[PDB]
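Snapshot of ampicillin (open form) at Metallo-beta-lactamase NDM-12.
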Amino acid sequence: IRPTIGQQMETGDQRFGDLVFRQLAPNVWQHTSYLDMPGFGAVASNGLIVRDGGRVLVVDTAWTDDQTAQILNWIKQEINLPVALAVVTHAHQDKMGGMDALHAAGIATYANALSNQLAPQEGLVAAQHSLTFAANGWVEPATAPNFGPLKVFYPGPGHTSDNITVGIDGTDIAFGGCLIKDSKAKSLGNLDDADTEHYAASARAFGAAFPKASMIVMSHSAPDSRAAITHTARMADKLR
Ligand SMILES: CC1(C)S[C@H]([C@H](NC(=O)[C@H](N)c2ccccc2)C(=O)O)N[C@H]1C(=O)O
Ligand SMILES: [Cl-]
Ligand SMILES: [Cl-]
Ligand SMILES: [Cl-]
Ligand SMILES: [Cl-]
Ligand code: NA
Ligand SMILES: [Zn+2]
Ligand SMILES: [Zn+2]
């Protein structure tokens with residue numbers, strides 16, 4: 001039950017197969033999957049599940065196809081509405097490891113064009129659709145058709161050059177993915193593929209994109225305050 005990296009079990013977490021689901025809002029769930037790193041233990045990765053009327057929107061895969069299938073299973077059981085689309089927040093295993101499971105389920109997948117271009121080099125499957133972004137980082141609306149409350153924002157390079165973020169419009173929830181670390185984080189996680197020059201501005205950009213989101217959901221920590229953004233940014237300031 002207990003990851004080395006990620007939030008531990010708390011009451012109101014629902015354990016379903018190998019995954020954990022935490023209701024954040026009437027219409028928003030966090031999905032948590034665990035990659036058993038040999039010798040390091042389980043690494044939690046969080047995405048989101050959003051009910052938008054008669055359809056469900058997914059943010060990020062699990063680490064694996066098998067885990068992402070369990071997410072669909074959980075959605076089927078708990079919401080029992082079709083998954084309209086998945087948005088995946090950059091081309092790394094924690095965010096796009098389960099693309100095949102979404103595709104096999106006939107779920108329309110969207111990623112940053114650059115994530116799609118990077119997917120093959122990262123041993124991953126591209127999303128079937130490419131999000132492009134304006135100079136101010138907002139998704140080009142035509143590339144994000146019928147996204148409902150998923151408000152996609154490319155904050156700039158940080159965790160990766162392709163990392164994107166998702167505000168859940170009509171909620172106080174914004175999703176920073178692996179760009180954002182919790183307010184008590186000692187580390188910015190894996191900086192291997194990171195843009196250390198732009199990280200801070202990108203963390204802040206995310207904050208300013210979703211100025212009214214009080215609940216910040218991220219890949220490897222329990223949903224947190226805006227302090228997650230500000231702390232991530234302050235840590236990122238040291239990188240320059
Ligand atoms: C949680 C991480 C430290 S690992 C993860 C990602 N890495 C992977 O998905 C790798 N496939 C992986 C290899 C070994 C152990 C865990 C993940 C990355 O490089 O951002 N995201 C990192 C992050 O968000 O900082
Ligand atoms: Cl709620
Ligand atoms: Cl503008
Ligand atoms: Cl906002
Ligand atoms: Cl700090
Ligand atoms: Na890489
Ligand atoms: Zn990553
Ligand atoms: Zn990550």
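One is the number of the first residue; the rest follow in order along the sequence. One-based numbering, in listed order, for ligands and for the atoms of each.
- All instances of ampicillin (open form) are found at ligand 1.
- The heavy atom nearest to atom 9 (O) of ampicillin (open form), out of those in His90, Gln93, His220, is found in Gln93.
- In terms of N/O distances under 3.5 Å, ampicillin (open form) is not approached by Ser219.
- Only side-chain heavy atoms of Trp63 come within less than 4.0 Å of ampicillin (open form); its backbone N, CA, C and O stay farther off.
- Close contacts of ampicillin (open form) with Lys181, meaning ligand atoms under 4.0 Å from a residue heavy atom, involve 23 (C), 24 (O), 25 (O).
- For ampicillin (open form), other ligands and ions under 4.0 Å: ligand 7 (zinc ion), ligand 8 (zinc ion).
- When each atom of ampicillin (open form) is checked for a heavy atom of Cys178 under 4.0 Å away, the hits are 24 (O).
- Per-residue contacts place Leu35 under 4.0 angstrom from the following atoms of ampicillin (open form) (heavy atoms of the residue considered): 15 (C), 16 (C), 17 (C).
- Below 4.0 Å from some heavy atom of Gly189 lie the following atoms of ampicillin (open form), by number and element: 25 (O).
- Applying a heavy-atom cut-off of 4.0 Å to ampicillin (open form) picks out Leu35, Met37, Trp63, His92, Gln93, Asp94, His159, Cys178, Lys181, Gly189, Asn190, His220.
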